**Student:** 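Handing you this structure, nothing more for now.
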Amino acid sequence: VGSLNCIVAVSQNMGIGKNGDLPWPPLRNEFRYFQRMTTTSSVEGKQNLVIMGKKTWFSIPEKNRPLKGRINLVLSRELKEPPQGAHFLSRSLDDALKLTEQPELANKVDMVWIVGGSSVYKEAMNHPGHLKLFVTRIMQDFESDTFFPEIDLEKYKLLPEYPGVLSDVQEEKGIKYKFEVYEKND
Ligand SMILES: NC(=O)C1=CN([C@@H]2O[C@H](COP(=O)(O)OP(=O)(O)OC[C@H]3O[C@@H](n4cnc5c(N)ncnc54)[C@H](OP(=O)(O)O)[C@@H]3O)[C@@H](O)[C@H]2O)C=CC1
Ligand SMILES: Nc1nc(N)c2nc(CNc3ccc(C(=O)N[C@@H](CCCNC(=O)c4ccccc4C(=O)O)C(=O)O)cc3)cnc2n1
């Protein structure tokens, strides 16, 4: 089993997507951060398991799938055979987790990352115990149509200076943004 983390990149107005896409111009260093965080395993030899919705999966340039050095798991109610390149296809979130309990995935998985979308987040956030949130805050407003569930600052404790996370303000093409990490442990 192990560790359960969610990583999101959100506009000032809580927008995460637009048109089966990202609302802002591509920020490589975020994408190189999303990549590094998801990939980095604690214990040597173990890999990270990343879970995403269907639409999220097909939004990675066909090029990029699966996301190398991680187990690619995709949720769908509808598909019957895992997507081309995915390694696991599950029907519910809870099955995805139930998957990692399996002694055959017990030794090979480290951290689980909920990399989106929009509903995985929400039931992933209502799930008891410990959960860490890795929020990139674009310090601007974007025109979005799918949004991130509000952080319950009295349920979620925003951690000041965490390991391997550059706590300061960034800029890529005039867009300023920072790396945050919220925790909950009830
Ligand atoms: N900026 C960011 O950090 C992020 C941005 N995005 C962007 O936002 C949008 C993603 O949209 P979103 O609508 O949230 O779509 P998702 O990618 O979550 O796709 C939802 C589809 O996936 C399946 N699915 C999703 N959640 C579940 C579940 N909990 N159990 C079972 N099946 C599930 C269903 O599939 P089916 O109908 O196939 O059964 C549902 O139609 C895109 O624009 C994407 O680019 C997405 C993630 C992070
Ligand atoms: N914080 C955060 N949280 C999320 N949940 C999240 N979700 C998404 C969903 N949509 C994508 C799209 C693409 C990729 C992807 O492609 N991922 C590769 C590496 C890309 C690296 N890099 C590059 O940009 C790059 C690197 C070298 C040369 C060229 C390029 C280029 O994109 O042009 C990987 O291996 O992880 C992942 C998710 C996007 N952003 C997010 N941000």
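This chain uses plain numbering: 1 for the first residue, then up along the sequence. Indexing begins at 1, ligand by ligand and atom by atom, following the structure's order. Determination method: X-ray crystallography, 2.5 Å.
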**Student:** What's the chief chain around ligand 2 in this model, going by the PDB entry?
**Tutor:** dihydrofolate reductase
**Student:** List the drug name given for ligand 2.
**Tutor:** PT523
**Student:** Filter the UniProt substrate-binding residues of chain A to those with a heavy atom under 4.0 Å from PT523, and list them.
**Tutor:** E30, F31, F34, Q35, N64, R70
**Student:** Do protein heavy atoms approach atom 29 (C) of PT523 to less than 4.0 Å?
**Tutor:** no
**Student:** Using non-hydrogen atoms of the residue, decide whether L67 is closer than 4.0 angstrom to PT523.
**Tutor:** yes
**Student:** Write out the NADP(+)-binding residues UniProt gives for chain A that lie under 4.0 Å from PT523 by heavy-atom distance.
**Tutor:** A9, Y121
**Student:** For PT523, is any non-hydrogen atom under 4.0 Å from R65's backbone (N, CA, C, O), its side chain (CB onward), both, or neither?
**Tutor:** neither
**Student:** How far is atom 41 (C) of PT523 from its nearest protein heavy atom, and which residue and atom name does that atom have?
**Tutor:** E30 OE1, 3.8 Å
**Student:** Name the UniProt domain of chain A that holds most residues in contact with PT523.
**Tutor:** dhfr
**Student:** Measure from atom 17 (N) of PT523 to the protein's non-hydrogen atoms and state whether any distance is below 4.0 Å.
**Tutor:** yes
**Student:** Closer than 4.0 Å to some heavy atom of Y121 - which atoms of PT523 meet that?
**Tutor:** 5 (N)
**Student:** Got a protein heavy atom sitting under 4.0 Å from atom 21 (C) of PT523?
**Tutor:** yes
**Student:** Within the 4.0 Å heavy-atom shell around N64, which atoms of PT523 are there?
**Tutor:** 16 (O)
**Student:** Could you help me out with the residues around PT523? Anything with a heavy atom closer than 4.0 Å counts.
**Tutor:** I7, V8, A9, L22, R28, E30, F31, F34, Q35, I60, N64, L67, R70, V115, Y121
